[PDB]
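This file shows Beta-lactamase complexed with temocillin (bound form).
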Amino acid sequence: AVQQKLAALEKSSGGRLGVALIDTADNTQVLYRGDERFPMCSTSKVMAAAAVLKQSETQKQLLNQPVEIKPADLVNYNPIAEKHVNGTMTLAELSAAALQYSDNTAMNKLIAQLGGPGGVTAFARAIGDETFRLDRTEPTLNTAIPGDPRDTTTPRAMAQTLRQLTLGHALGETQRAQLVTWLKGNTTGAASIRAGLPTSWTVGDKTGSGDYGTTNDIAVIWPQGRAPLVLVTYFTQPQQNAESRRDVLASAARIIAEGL
Amino acid sequence: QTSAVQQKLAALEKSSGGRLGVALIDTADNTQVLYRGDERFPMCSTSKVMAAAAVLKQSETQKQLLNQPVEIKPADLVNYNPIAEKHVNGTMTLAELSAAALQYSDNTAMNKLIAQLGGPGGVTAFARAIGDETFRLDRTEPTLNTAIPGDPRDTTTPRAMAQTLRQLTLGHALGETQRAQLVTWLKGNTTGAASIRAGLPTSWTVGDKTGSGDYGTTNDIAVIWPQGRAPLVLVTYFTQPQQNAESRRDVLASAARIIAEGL
Ligand SMILES: *C(=O)[C@](NC(=O)[C@H](C(=O)O)c1ccsc1)(OC)[C@@H]1N[C@@H](C(=O)O)C(C)(C)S1
Ligand SMILES: *C(=O)[C@](NC(=O)[C@H](C(=O)O)c1ccsc1)(OC)[C@@H]1N[C@@H](C(=O)O)C(C)(C)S1
């Protein structure tokens, strides 16, 4: 059932669809191009925020640390940071801005805190993710060039990591709860995975988009009366200038939710 | 007269299978674009803005009001309580209930705001106090969402709601602290990305409140900060002839796109 339906959706879309579900009720999975690399775009901000949360487990006041926001720091999408130019934001405020508003200046401050993109990758390796790689800062990490492994992961790897971060023990108890709180407060997600799910289900997610019409969402889902799901939906298209297709992610989620 | 924008909205409506209401205020020149601007629509969850604003108004003469605890009982839970259900047999403050009502559209939270205002008529009284003669709240959650065609209960017009949202968020209907809090809450909405937001350029900032109900009723009210220009207020209301009709957030996105293209 599910494989035929996801293949049909992909064919209709004209693009390349990646799906990984983990149903924590029974540890069953639904994979479609689960081992192909896709450009993460803004979904990478989850790994950067989680890496700073892990640092805060041993640097106990780190999330309170002021960070200078200079005019020269502003990049291409700064809905929160532009308010604080020529002042400071804390690492907690930058983490919330990066996750809930997808602020690219905030993401660059998280990356800088970790010593550069390699510090985000190092955290991925530390929690057993051998697939994830962050190579570039914002905004060049979103070029989404076909065949380019930079700033990519696989749906399988990202679903497994998102499970460990939000439902497992990659982070300390307080830090896991803080990541889940941030994801549940996302502002950008209503057109993506959660548009394909019953309204009664609770979703925390991080969206992204980029060149090649790249349209992404990674979610942790609490269905009414049953154990949580983790769902990654990645999508990218042949034309550099392609339009976003959040409806394709919604459709993938709806197929997944039918099929259990 | 019918403008280019009104003709495009008419063509969208004709293809939609329902009835579309739009009101734009461009605060660059205070001009209005209306489509069925003086027709009534069921507000559904967009009514939560007036309830939260009424409690913010109360807080202007009670510095501690937003810290006041409210008991959440098992009997209080209604049909959509993602925040309140975590606090059953405990308390939430009026700030927590305001944030839950606006940013998660918690119906139990809305009922606590309504009760703090003395019932639905307390919300209407606040609307009258800030110059809105059109708004009416008649019922609590969840019955205020029945959205029956021709029913005046729990309705407003696009024109009235755009003017009210402007006065609340950009004007002086609230104190400056309270106006800033309302804008912060709306900008942190979780439910908006498929609605007005989906029709606007990505660089534009939005705070909004969505709603849906029966008759495929699909609503959004937004304050918009365009890249390089004064803010807009936009109301998009949509309702359909059949009780069981599907939501059409795409129609609100399409209306917003026509408005943005027409500026
Ligand atoms: C993350 O994906 C996001 N967008 C980008 O990274 C893109 C970029 O090149 O910087 C971008 C696409 C359109 S405008 C900028 O980071 C700013 C945010 N996530 C997108 C999404 O969820 O679809 C937004 C909300 C369009 S911006
Ligand atoms: C407000 O509109 C909202 N939903 C309702 O009021 C509806 C009801 O009958 O209580 C409802 C429709 C589907 S489930 C409950 O209040 C809970 C929220 N706003 C809707 C929207 O924005 O489309 C939600 C997010 C579906 S729930």
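Lettering of chains proceeds alphabetically from A, tracking the sequence lines in order. Since chain A takes its numbers from the PDB entry, the residues it shows come out as 28-57, 59-238, 240-252, 254-290. Following the PDB entry, chain B residues are numbered 25-57, 59-238, 240-252, 254-290, in order. Going by what the header records, the deposited coordinates were determined by X-ray crystallography, 1.3 Å. In each ligand, atom 1 is the first atom listed, and ligand 1 is the first ligand listed.
Counting only heavy atoms under 4.0 Å, the other chains near temocillin (bound form, ligand 2) are A, B. Heavy atoms under 4.0 Å from temocillin (bound form, ligand 2) belong to A:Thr227, B:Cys69, B:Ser70, B:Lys73, B:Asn104, B:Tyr105, B:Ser130, B:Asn132, B:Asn170, B:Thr235, B:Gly236, B:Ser237, B:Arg276.
Some N or O of B:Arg276 is nearer than 3.5 Å to an N or O of temocillin (bound form, ligand 2), by distance alone. Looking only at heavy atoms of the protein, atom 22 (O) of temocillin (bound form, ligand 2) is closest to B:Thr235 OG1, 2.7 Å. Taking atom 14 (S) of temocillin (bound form, ligand 2) as the reference point, the nearest protein heavy-atom neighbour is A:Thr227 OG1, 3.7 Å. Scanning the protein for heavy atoms near atom 2 (O) of temocillin (bound form, ligand 2), the closest one is B:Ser70 OG, 2.2 Å.
Remark: minimum distance from atom 10 (O) of temocillin (bound form, ligand 2) to any protein heavy atom is reached at B:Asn104 ND2, 2.7 Å. Protein heavy atom in closest approach to atom 7 (C) of temocillin (bound form, ligand 2): B:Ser237 O, 3.3 Å. There is a covalent bond between temocillin (bound form, ligand 2) and B:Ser70 OG.
For temocillin (bound form, ligand 2), one of its N or O atoms has an N or O atom of B:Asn132 under 3.5 Å away.
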